[PDB]
Colleague: 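Lab note: raloxifene/estrogen receptor complex loaded, questions to follow.
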Amino acid sequence: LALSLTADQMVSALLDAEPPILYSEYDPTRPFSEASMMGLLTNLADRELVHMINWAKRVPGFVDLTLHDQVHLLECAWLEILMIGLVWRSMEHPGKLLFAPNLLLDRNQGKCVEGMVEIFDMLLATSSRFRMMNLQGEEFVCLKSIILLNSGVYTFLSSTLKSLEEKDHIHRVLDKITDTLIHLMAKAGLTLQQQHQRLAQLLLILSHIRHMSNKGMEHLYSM
Amino acid sequence: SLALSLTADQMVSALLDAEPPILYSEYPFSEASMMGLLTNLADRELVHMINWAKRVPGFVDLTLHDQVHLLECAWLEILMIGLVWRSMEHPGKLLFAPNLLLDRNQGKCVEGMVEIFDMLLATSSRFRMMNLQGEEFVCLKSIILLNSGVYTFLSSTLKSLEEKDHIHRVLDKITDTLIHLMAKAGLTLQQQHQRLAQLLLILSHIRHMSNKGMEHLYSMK
Amino acid sequence: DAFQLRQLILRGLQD
Amino acid sequence: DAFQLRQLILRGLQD
Ligand SMILES: O=C(c1ccc(OCCN2CCCCC2)cc1)c1c(-c2ccc(O)cc2)sc2cc(O)ccc12
Ligand SMILES: O=C(c1ccc(OCCN2CCCCC2)cc1)c1c(-c2ccc(O)cc2)sc2cc(O)ccc12
């Protein structure tokens, strides 16, 4: 099914696959009560993860893989995926991270948790970068699926025949998502040159996201 | 700005000419002696990487503070992409140096090293399967230098705005160069955009390996 | 901690 | 070697 989709179809599938936007447990009518930043963020991350799994099943190509590899992809990607979602919804709120529509946090709330401000700044810098680029919703959903499919692909087994087939299938779906990205850009008026340039810009941001995710795990594990 | 005036052919030449020398190791293992040999090599490569960075178009236009920062963020990625490139014609093996060629069982000599060896081998395989060309390699290595620290300068400062703009413009030139190599080699537009995406997606795997590497190295100290 | 993640994912993918 | 990296980088760039 996945390799037979046209670009318009792929975009639709991805838009339709989106998980719900979640609200925090924070009650802004009780601002002087004891609230735990990490508690609230943890509660949110854990509830998003439940929805992320169901979203992964709706990404074309994903359920064609074995169960073990489906698990592995999410295990390697989940924090990147949380982070790119944060960054996307934070685009229209410069200087702030919109963890939830009722939990919009200023940069300086990073300082409330030891070692968190560095990662906040990195998240804010990424949100800025999307803003400066006018990242479109269609492009965002393509990027989020690339993350899922690409982050664990290099660390399966290797020299086994099954992995060869699994990787081949992922690479073919990734090729389809690239075609889709280029198609959005061409449809929006960009020159070939401008198309390849923007595609490169977007994919180079993905390695920053990988970096943030690794720094994040490192910070989380240490709590 | 010399860098933004270059044609694709000129960029490729500059990058090919910039290449550092291929170093030999000083080479019955242990964790200590192998790490000794690999440390010696990494440190000597780093001296040459610095000189190489100065020859990458755009790089010396940046401030000294940012030149430092870029290399500080990128150096292990750059060592790793070099390794993986010279290992391409040696499946199952990593060619740290022409006289130092190691398989995954020697990885096991150092606690926590095999996992990263396997990742490096998987990347070298991937380049083999793609027939990565030397011209493409030199472009990817410069992208790593210029891209890895660009998001973590200061921000909301006027100077940083100017620095990032300059880096983005050079990165656009290197993209144009990659597409040019592909178009010259016969690929369709579709095949061009697809290969470009494939190459840049591999860069996030290299970032990941570098972060895992730092994590492993720090834990020996 | 790392077990709790695998459990969650395995639960979600199956039903 | 977190301090020794930056110095090694610094010396190589200015010479
Ligand atoms: O605050 C969190 C967060 C909190 C707890 C997390 O994990 C808790 C453990 N949980 C156990 C079951 C498996 C899933 C994770 C993950 C993210 C979020 C982030 C973060 C930022 C910096 C940093 O150093 C670490 C994390 S980013 C983020 C985006 C969201 O949409 C939600 C929460 C978050
Ligand atoms: O073994 C090394 C290595 C050894 C010591 C290093 O650093 C020593 C500290 N030194 C202090 C001064 C600043 C520069 C680094 C770096 C890499 C190499 C790598 C590595 C692989 C797996 C892993 O888990 C960790 C590292 S990859 C690599 C590529 C090379 O071309 C050379 C050495 C290497």
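Lettering of chains proceeds alphabetically from A, tracking the sequence lines in order. Residues displayed in chain A correspond, in order, to the PDB entry positions 306-528. The numbering of chain B matches the PDB entry: 305-331, 336-529, in order. Quick note: numbers on chain C are straight from the PDB entry, i.e. 1-15, in order. In chain D, numbers come from the PDB entry; the residues present are 1-15, in order. Side-chain atoms are counted along with the backbone in the values below, which use heavy atoms only and exclude waters and symmetry mates. Every number for a ligand or one of its atoms is a count from 1 in the order of the listing.
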Colleague: Within the structure, which other chains come under 4.0 Å from raloxifene (ligand 2) at some heavy atom?
Modeller: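 Those with a heavy atom under 4.0 Å: B, D.
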Colleague: Which UniProt 17beta-estradiol-binding positions in chain B have any non-hydrogen atom closer than 4.0 Å to raloxifene (ligand 2)?
Modeller: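 Applying the heavy-atom cut-off to the UniProt set, I get B:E353, B:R394, B:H524.
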Colleague: As an exercise, identify every atom of raloxifene (ligand 2) less than 4.0 angstrom from a heavy atom of B:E353.
Modeller: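 Near B:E353, meaning under 4.0 Å from one of its heavy atoms, raloxifene (ligand 2) has 30 (C), 31 (O), 32 (C).
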Colleague: In raloxifene (ligand 2), which numbered atoms sit nearer than 4.0 Å to a non-hydrogen atom of B:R394?
Modeller: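 Listed by number with element, the hits are 31 (O).
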Colleague: Which raloxifene (ligand 2) atoms does B:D351 reach within 4.0 Å, using its non-hydrogen atoms?
Modeller: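 Heavy-atom distances to B:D351 below 4.0 Å select 8 (C), 9 (C), 10 (N), 11 (C), 12 (C), 14 (C), 15 (C).
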Colleague: Return the name the entry uses for chain D.
Modeller: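 It's listed in the entry as corepressor peptide.
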Colleague: Flag B:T347 as yes when one of its N or O atoms lies below 3.5 Å from any N or O atom of raloxifene (ligand 2), and as no otherwise.
Modeller: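 N/O-N/O distance below 3.5 Å does not exist for this pair.
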Colleague: Output the list of atoms in raloxifene (ligand 2) that are nearer than 4.0 Å to some heavy atom of B:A350, sorted by atom number.
Modeller: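 Listed by number with element: 6 (C), 16 (C), 17 (C), 33 (C).
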Colleague: Pull out every atom of raloxifene (ligand 2) sitting under 4.0 Å from any heavy atom of B:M343, numbered as shown with elements.
Modeller: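 The list of qualifying atoms is 4 (C).
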Colleague: Going by distance only, is there an N or O of B:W383 that falls short of 3.5 Å from an N or O of raloxifene (ligand 2)?
Modeller: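 N/O-N/O distance below 3.5 Å does not exist for this pair.
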Colleague: Compare B:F404, D:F3, B:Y526 and give the one whose heavy atom is closest to atom 19 (C) of raloxifene (ligand 2).
Modeller: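 The nearest heavy atom belongs to B:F404.
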Colleague: Atoms of raloxifene (ligand 2) less than 4.0 Å from B:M421 heavy atoms?
Modeller: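 Selected atoms, number and element: 1 (O), 20 (C), 21 (C), 22 (C), 23 (C), 24 (O), 25 (C), 26 (C).
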Colleague: Write down the UniProt domain of chain B that holds the majority of residues in contact with raloxifene (ligand 2).
Modeller: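 The answer is the UniProt domain NR LBD.
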Colleague: Going by the atom numbers of raloxifene (ligand 2), which of them fall below 4.0 Å from some non-hydrogen atom of B:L354?
Modeller: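 Within the 4.0 Å cut-off of B:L354, raloxifene (ligand 2) contributes 13 (C), 14 (C).
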Colleague: May I ask you to identify, for B:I424, whether its side chain, its backbone, both or neither come under 4.0 Å of raloxifene (ligand 2) on a heavy-atom basis?
Modeller: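 Looking at B:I424 and raloxifene (ligand 2), just side chain atoms fall under 4.0 Å.
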Colleague: So, at a heavy-atom cut-off of 4.0 Å, what does the binding site of raloxifene (ligand 2) look like in terms of residues?
Modeller: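 By heavy-atom distance, those residues are B:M343, B:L346, B:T347, B:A350, B:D351, B:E353, B:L354, B:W383, B:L387, B:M388, B:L391, B:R394, B:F404, B:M421, B:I424, B:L428, B:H524, B:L525, D:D1, D:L5.
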